[PDB]
Amino acid sequence: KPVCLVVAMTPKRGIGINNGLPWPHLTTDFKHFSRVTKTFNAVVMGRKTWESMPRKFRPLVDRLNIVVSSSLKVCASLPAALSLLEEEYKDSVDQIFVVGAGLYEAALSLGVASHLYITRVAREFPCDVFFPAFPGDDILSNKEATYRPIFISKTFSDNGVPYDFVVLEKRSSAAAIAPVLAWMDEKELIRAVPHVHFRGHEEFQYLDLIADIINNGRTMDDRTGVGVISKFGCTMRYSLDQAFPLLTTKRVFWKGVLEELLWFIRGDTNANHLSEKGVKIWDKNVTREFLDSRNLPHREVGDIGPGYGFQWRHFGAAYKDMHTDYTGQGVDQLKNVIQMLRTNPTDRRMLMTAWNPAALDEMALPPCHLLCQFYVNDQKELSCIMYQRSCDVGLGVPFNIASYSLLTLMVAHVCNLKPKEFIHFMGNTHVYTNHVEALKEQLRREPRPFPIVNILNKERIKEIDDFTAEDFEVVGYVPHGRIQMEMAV
Amino acid sequence: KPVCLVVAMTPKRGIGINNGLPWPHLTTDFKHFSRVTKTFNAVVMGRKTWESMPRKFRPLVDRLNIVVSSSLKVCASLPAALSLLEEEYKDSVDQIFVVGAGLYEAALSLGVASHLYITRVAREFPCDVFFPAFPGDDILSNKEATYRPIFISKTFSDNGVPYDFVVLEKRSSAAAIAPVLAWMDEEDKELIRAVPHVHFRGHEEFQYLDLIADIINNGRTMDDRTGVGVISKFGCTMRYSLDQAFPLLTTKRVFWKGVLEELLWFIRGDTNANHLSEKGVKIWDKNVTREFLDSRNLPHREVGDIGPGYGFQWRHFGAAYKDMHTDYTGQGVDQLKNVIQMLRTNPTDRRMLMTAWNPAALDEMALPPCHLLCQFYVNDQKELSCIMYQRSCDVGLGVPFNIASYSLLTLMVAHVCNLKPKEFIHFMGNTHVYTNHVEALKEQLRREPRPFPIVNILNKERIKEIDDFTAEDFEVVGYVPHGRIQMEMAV
Ligand SMILES: NC(=O)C1=CN([C@@H]2O[C@H](COP(=O)(O)OP(=O)(O)OC[C@H]3O[C@@H](n4cnc5c(N)ncnc54)[C@H](OP(=O)(O)O)[C@@H]3O)[C@@H](O)[C@H]2O)C=CC1
Ligand SMILES: NC(=O)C1=CN([C@@H]2O[C@H](COP(=O)(O)OP(=O)(O)OC[C@H]3O[C@@H](n4cnc5c(N)ncnc54)[C@H](OP(=O)(O)O)[C@@H]3O)[C@@H](O)[C@H]2O)C=CC1
Ligand SMILES: Nc1nc(N)c2nc(CNc3ccc(C(=O)N[C@@H](CCC(=O)O)C(=O)O)cc3)cnc2n1
Ligand SMILES: Nc1nc(N)c2nc(CNc3ccc(C(=O)N[C@@H](CCC(=O)O)C(=O)O)cc3)cnc2n1
Ligand SMILES: Nc1nc2[nH]c3cccc(Sc4ccccc4)c3c2c(=O)[nH]1
Ligand SMILES: Nc1nc2[nH]c3cccc(Sc4ccccc4)c3c2c(=O)[nH]1
Ligand SMILES: O=c1ccn([C@H]2C[C@H](O)[C@@H](COP(=O)(O)O)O2)c(=O)[nH]1
Ligand SMILES: O=c1ccn([C@H]2C[C@H](O)[C@@H](COP(=O)(O)O)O2)c(=O)[nH]1
């Protein structure tokens, strides 16, 4: 008699309003709902849930229906509705399904539910009916039997609404090839949330990367003196067609991403412009003491030299200081990339580099993310690869995933393309030794659905220089807590 | 009654000389032989094989030994051996292994052999005893039941000898999740696969072969610069191990002399393609004709001048280009010197990179670099690894050549920096097969890989700097590729 709950709920456990659904139509959720409930199977719904459904759908085709009212033409309650399933139906009736509140809370208190099939809607919506609070509730937001997630899907979206699917549970042909495999094969491996067998969420790539570097990396020294554990040659890829990979296992500093990127695009080399908006990510690397450690006593405090964005907009131009005007100097790699994207998308030379050996000594830091390449296919879908030489997995990586994915949206939009994928290529890939305990905590967190990032005022924005800080909404971002990690300078 | 043969052979099926083994000691192969034959099992050998084995090892421990001979103290033939095994031994005797020539040929004629366990020694050695010709032979060299390979390992080595293991054969919570998986598979013809019969695909060349299947089945058809038209994917990865052997691909013959000459040309900083052409390496010629130079708006270029590309940017990044005849010594950044310098002094530095992509000089080049960046890494055991990023990749023609080129550079660099080469890592942008290469590539996919060769640097003693290497300082050892497959270059 094991029973399974099938629900869609917002992060605050919201499920409905005005005897109806809080959110516009979720197509894929519906496909999911259909498939799960038939393989005959029994669905069991509360009085009012039956009404919510439009009549042409009301008898749920190819499934035994049950309503639990006391006033309609069908059982008196849930315990008596289980009886009906044992008494008759014992033949054919495979697994059962409960599909409104009060019928959910009924099933929880009577403790007959072994599994929960939960569509996590990432947005909050006005609601007047809620799913009961339960142990394992953390899977929804930051709010002895308990419900442990065993499955977590990729992020989907419909009508501007991001959503995940999770499932929670109460807690000699070629055997004569084996002796050879045996001898070819081989202390305590950490794994990100080991209880999740089916790891669809694309954020597992980042969580499994962290595990790999800690289990199989090699302890090394470095420029900073802090010490690392590293690997070399690592790969992640993030899909941009449904959702946006803003990491959920720790809050990513979104404003910083978006400001630094707009700062790159103007070709600005004054870190003070970032700092004065409360984005201090450059400050430790442009202090007097650090410019002097870089043999650049002539540099003003804040001046990053001819770095990142200077090279994007003015490659090979002679650098002076951060107040000087370079308009018309060097190669504008960004405009050329866009022009080629608009006029000839099959060209294979759509690249932008930040690596200029002639100028490395003049920069505060040698660039980390130093190359990106764009690719269009035959459906007008755009993808981007970025090659990063040196990757602080703790701190920089999540920020960088966001940064370059956002640039892919920005470029897709001015070129009249749909963004498809971000491909992340990593060289020296390291975890600072003093971030390890923090990262082990992070690996005990189950990811939440990815948000969507929208571009507002699309009508106004025609060229890449037209974007401002106020032209993006992040929708449905529900991360776990910030985890503090000190920057190795 | 099924039997298994266990052998090690050269490419010409050579197994013995002077009642001994042809090659120096192969440790892993001995491990392999021991682990396969005990799990009690019986081994069956010919008299002369019994006598090959040193005496301290002689009765092979923990195995029933049977010798076929007519002189000793033991059965008179193979049929007689298999009778022995059935009459007594039916208990605890699990599998039976045949381990000399002529015992191998009797076992193949009788037809009682179900699996062959063949260790493929990649070098030839003087041999006076051979393993019989058998259908499936083609796994060894370019020389009805057939023995088809089902398992093919990675390449190993010991004492300067590269080798493979292949195996031939005669011819609660799950339940609940199943439905949610079921619909995420559904949405979304006849898949092409490289040697599908091969179930355990350790040979690192399966990376290249599976990359060709993947582009063909899942890539999108597009136009391009050339007019020829391609199938493409975006963002592809391979990695090749360098500690044991060298990834010179075996499913078609790769042009070693071209790899090596071009790489040396790169290191010199040379931009004259005539110097390549004059040594019988014409890979640059179609891209430096008078005709191709004008279609690039460079009528002032002498035929063969590739402009300030590859090696020019490596040795003189940003220097002002004139022509292929000028001396640039001292001008621009010598990225290669710097990388080496950093590897010798500071192996944990994370800025060990070299790029040929210079957007200020791209129009002046005949061709924008394809392989445009490489970065180096040293771990805690003095092992050098290398990543190269290639923006555009002709999977049919250039990729194998590109794999060998940067792998060789890795060796060259590791040697002058006193490191051991470990791994070459290939990062690929626009990754594509030309449409007129497809039929040929599908043929190529029917060919199982052979063990990789080793590349030795000769005259290590005299070679202290990167500019010291010449064409005569390398040997390729044990290279046994399949035939060339002619594929024309899309101009
Ligand atoms: N997104 C989702 O996952 C889902 C959302 N919904 C939404 O939620 C709302 C419907 O849920 P809700 O309002 O809670 O109403 P329900 O559908 O749970 O129906 C409540 C009625 O069912 C009967 N009932 C429920 N529990 C008991 C009990 N323990 N003992 C006896 N009878 C019981 C009663 O009928 P009687 O009055 O006859 O005694 C009660 O009036 C709608 O807005 C609907 O759209 C519904 C299903 C799923
Ligand atoms: N690398 C490898 O895979 C292996 C290599 N080897 C090498 O091969 C050589 C040994 O092979 P090889 O020279 O062929 O000799 P074998 O070991 O096959 O033995 C030859 C002798 O065994 C007996 N014999 C063999 N076949 C028959 C038969 N069909 N019927 C009756 N008696 C038979 C005969 O002994 P009698 O004179 O008593 O009648 C014959 O003279 C050595 O150099 C050895 O190191 C051996 C094993 C493995
Ligand atoms: N995870 C999740 N997501 C939900 N939306 C959900 N909704 C409810 C209740 N609300 C309903 C709304 C519409 C229908 C309806 O007409 N459905 C057709 C759709 C067929 C198709 O489109 O394939 C069907 O069932 O074949 C049924 C119930 C209960 N649990 C739920 N759980
Ligand atoms: N594929 C293959 N490779 C071969 N070399 C091979 N050689 C022969 C004959 N030559 C032999 C010489 C010495 C031994 C010996 O003392 N071996 C130890 C290894 C101990 C260990 O390291 O475990 C053992 O097994 O305990 C065994 C065989 C026959 N078939 C063969 N087949
Ligand atoms: N060790 C370390 N040094 C960094 N310097 C940066 C400069 C700009 C952006 C970044 S990315 C970043 C910035 C703030 C917080 C996390 C990543 C870094 C960065 C980083 O991530 N790690
Ligand atoms: N389509 C295609 N065009 C090429 N132009 C080249 C110029 C120099 C080296 C190369 S590599 C190469 C290796 C073997 C044969 C031809 C080119 C290419 C090359 C290639 O491989 N494919
Ligand atoms: O976007 C960025 C910029 C910088 N870094 C960090 C990675 C290195 O830990 C740090 C120092 O660079 P190196 O000089 O060590 O490469 O820069 C990032 O991770 N992401
Ligand atoms: O080492 C090389 C050099 C060139 N090419 C090929 C890849 C491209 O198919 C062709 C030129 O096309 P574009 O990169 O120009 O699109 O050069 C390679 O594959 N490998």
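Chain identifiers are assigned alphabetically from A in the order in which the sequence lines are presented. We number chain A the same way the PDB entry does; the residues here are 3-41, 74-107, 126-151, 153-196, 224-251, 285-299, 308-610, in that order. Numbers in chain B track the PDB entry; the residues on display, in order, are 3-41, 74-107, 126-151, 153-196, 224-251, 285-301, 308-610. Hydrogens, waters and symmetry mates are skipped; everything else that's a heavy atom, side chains included, is used. Counting starts at 1 for both ligands and their atoms, in listed order.
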Fill in: Compound at ligand 4; choices tirofiban, noscapine, aminopterin, sisomicin
aminopterin
Item to complete: Give the name from UniProt for the chain that makes the most contacts with aminopterin (ligand 4).
Response: Bifunctional dihydrofolate reductase-thymidylate synthase
Fill in: Chains in contact with aminopterin (ligand 4) (heavy atoms under 4.0 Å)
B
Practice prompt. State which organism the PDB entry lists for chain B.
Written response: Toxoplasma gondii
Item to complete: Map the residues of chain B that contact aminopterin (ligand 4) to UniProt domains and give the domain with the most.
Response: dhfr
